[PDB]
Novice: 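As an example, take this structure containing posaconazole.
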Amino acid sequence: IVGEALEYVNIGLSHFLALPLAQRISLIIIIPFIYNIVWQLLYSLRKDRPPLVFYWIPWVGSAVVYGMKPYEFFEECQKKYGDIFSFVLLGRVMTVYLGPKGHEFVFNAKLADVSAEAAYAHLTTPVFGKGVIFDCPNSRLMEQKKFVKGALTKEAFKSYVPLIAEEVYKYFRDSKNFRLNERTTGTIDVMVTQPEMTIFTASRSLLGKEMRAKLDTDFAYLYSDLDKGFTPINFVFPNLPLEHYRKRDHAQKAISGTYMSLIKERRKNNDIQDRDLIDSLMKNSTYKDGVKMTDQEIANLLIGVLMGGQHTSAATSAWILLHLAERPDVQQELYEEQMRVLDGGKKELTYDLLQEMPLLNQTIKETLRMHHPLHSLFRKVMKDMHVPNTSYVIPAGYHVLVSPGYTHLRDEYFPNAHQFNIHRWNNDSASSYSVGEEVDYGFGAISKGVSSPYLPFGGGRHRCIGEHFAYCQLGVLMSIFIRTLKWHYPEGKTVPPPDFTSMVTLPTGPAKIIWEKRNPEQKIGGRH
Ligand SMILES: CC[C@@H]([C@H](C)O)n1ncn(-c2ccc(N3CCN(c4ccc(OC[C@@H]5CO[C@@](Cn6cncn6)(c6ccc(F)cc6F)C5)cc4)CC3)cc2)c1=O
Ligand code: HEM
């Protein structure tokens, strides 16, 4: 008889429940630890699954090392399993596909196969507000990107360039970090100066003079509040009853409220021109089904667009300054270009003249290669995906992770990849371009192929639409920096390592540089 054993299960269950609440808790710990380790070992037997990176702590997965040095993580994984592999991240299984084929597999994936908004909505909806970007169907996103692109035209850029220049000179004149009319040399932290320069120039151009004027008041503090709410933690803890989160939410309401105030006032004046992104969205934000964006959605879309461009651009100009700080040879070469194109500084900078500064654009290009702001782009897998030329199947509920920034740093695709060399882009200074066929997902014709090893602006339906705005802003900014100042490192200092745990791969601060005026007696005019 074995029925005596079935009794003994029951008995065992009872004897278990009467263990001391000390031993019983550790069992509550030690059991999932063992099952996890067992499940992985069984998972490796499955060959329609990409290799899974081993980990001890359940749920947490490889979060720590991935968070701290994702490119070094990816390299070790790549050496062991090749380009396709999975790892556990805070409850989620990420399947990484490295290299150009990975770009193709994720960026060009079927709309039915993956979802970005499913990956990203928690990160962004709390910050931007409802109804826009990733809080709406992909088809709504496609048209929003079309609306915003409508204020990012060549003629807009011609009008923005002098507005941006004015803000940069204003910042050199009035900021305590510079004060060039009073000081001929000084030390700055680029992680302090660049976010300020960035929001000032982006506000003035995209949002207009009134909105820029508000950053000169206490209202600036709300931007700082909202800004602090744009962080990776939102991936895990989007909302939780703390101080941090209420300021953020308050800020969102307060800032969207201000844009709406301006919007409603411009319409109640028939004062709707072609100045800024606000005018533009007012005139052009009706979807194809005839539904119009609400004033709230318009305001929210403004916040999203300003916030995203804030962090990518601010990090990029910081890195540019940092790399040039140890390359007086490159500052020198850039200065010669400025003198040539602007006739010794006589000519006023314009959008057309910016396009005749290939070395400057190449410098932005090379900084975006060495410092892709977003080291990992995500999609949630919605339908089972088979990985071509493999037996691999990525089951729904997984996430795919693509990382062009990792490929940016591979010697195979960029010789001496960890060397800053703007001349690798000689006669190839364009922000990006297509090597063949194009396609349109609803916001303009863009490259069909996404196989370039250089993809700072992504590709496919979720491709950036800010690239030309960013080059315009970075271009004006760096053209004025170069013409006005030389700079270098404090003794024994050099380019800092990136902080891969922040929203963007900004430098680990404080990252200080020492500036000095090229023309000590040059004064910046205007009232203050
Ligand atoms: C827990 C213990 C801790 C210890 C120390 O290990 N740890 N362990 C692990 N980690 C860890 C691990 C990983 C990370 N992150 C990985 C994910 N990252 C990330 C960032 C942004 C992303 O943005 C998605 C969209 C794309 O478009 C944007 C952006 N944009 C594009 N153009 C302009 N803006 C956009 C678009 C349109 C708009 F209109 C606006 C927008 F914004 C938003 C996607 C991914 C951040 C870093 C951080 C920390 C830890 O910290
Ligand atoms: C150096 C500057 C920038 C870089 C490197 C950059 C990079 C990117 C990348 C990689 C994506 C695709 C994300 C994904 O596929 O998951 C993206 C998307 C996007 N970016 Fe940018 N970006 C920059 C600046 C800007 C600016 C200045 C704006 C607005 C003025 C902007 C607005 C957008 C928008 C609207 C999307 C679409 C997101 C989607 O369709 O899912 N970006 N950007």
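Each residue takes its place number in the sequence, starting with 1. Determined by X-ray crystallography, 2.0 Å, according to the entry header. Atoms within a ligand are numbered from 1 in the order they appear, just like the ligands themselves. The figures here come from the full heavy-atom set of this structure, side chains too, leaving out hydrogens, waters and symmetry mates.
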Novice: Across the whole structure, where does one find posaconazole?
Specialist: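 For posaconazole, that's ligand 1.
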Novice: Give the name, as used in the PDB entry, of the chain with the most heavy-atom contacts to posaconazole.
Specialist: Lanosterol 14-alpha demethylase
Novice: Which residue and atom name correspond to the protein heavy atom nearest atom 32 (N) of posaconazole, and how close is it?
Specialist: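 Here the nearest protein heavy atom works out to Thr312 CG2, 4.3 Å.
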Novice: So what's the organism behind chain A, according to the entry?
Specialist: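 The entry records the organism as Saccharomyces cerevisiae (strain YJM789).
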Novice: Among all protein heavy atoms, pick the one closest to atom 45 (C) of posaconazole and tell me residue, atom and distance.
Specialist: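 Minimum-distance protein heavy atom for atom 45 (C) of posaconazole reads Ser376 O, 3.5 Å.
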Novice: Which residue and non-hydrogen atom of the protein lie closest to atom 29 (C) of posaconazole, and at what distance in Å?
Specialist: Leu374 CD1, 4.0 Å
Novice: What's the shortest distance from atom 47 (C) of posaconazole to any protein heavy atom, and which residue and atom give it?
Specialist: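 Residue, atom and distance for the closest contact: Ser502 O, 3.3 Å.
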Novice: Just need the protein heavy atom nearest to atom 48 (C) of posaconazole, so name the residue and atom and give the distance.
Specialist: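 Going atom by atom, the protein heavy atom closest to atom 48 (C) of posaconazole ends up being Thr501 O, 3.3 Å.
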Novice: Just distances here: any N/O of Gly309 and N/O of posaconazole closer than 3.5 Å?
Specialist: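 There is no such contact.
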Novice: Give the single entry among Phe457, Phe230, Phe378 that approaches atom 42 (F) of posaconazole most closely by any heavy atom.
Specialist: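 Looking at heavy atoms only, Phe230 sits closest to atom 42 (F) of posaconazole.
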Novice: Suppose we measure from atom 14 (C) of posaconazole to each protein heavy atom; which comes out shortest, and what is that distance?
Specialist: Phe500 O, 4.0 Å
Novice: Report the nearest protein non-hydrogen atom to atom 36 (C) of posaconazole: residue, atom name, distance rounded to 0.1 Å.
Specialist: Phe134 CE1, 4.4 Å
Novice: In this structure, which residues build the binding site of posaconazole when a heavy-atom cut-off of 4.0 Å is applied?
Specialist: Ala63, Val64, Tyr66, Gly67, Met68, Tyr120, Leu123, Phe128, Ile133, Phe230, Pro232, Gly304, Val305, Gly308, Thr312, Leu374, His375, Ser376, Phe378, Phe500, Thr501, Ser502, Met503
Novice: What are the distances between nitrogen or oxygen atoms of posaconazole and protein nitrogen or oxygen atoms, counting only those under 3.5 Å?
Specialist:
from: posaconazole; atom 1: 6 (O); to: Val64; atom 2: O; distance (Å): 3.3
from: posaconazole; atom 1: 8 (N); to: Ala63; atom 2: O; distance (Å): 3.0
from: posaconazole; atom 1: 34 (N); to: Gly308; atom 2: O; distance (Å): 3.3

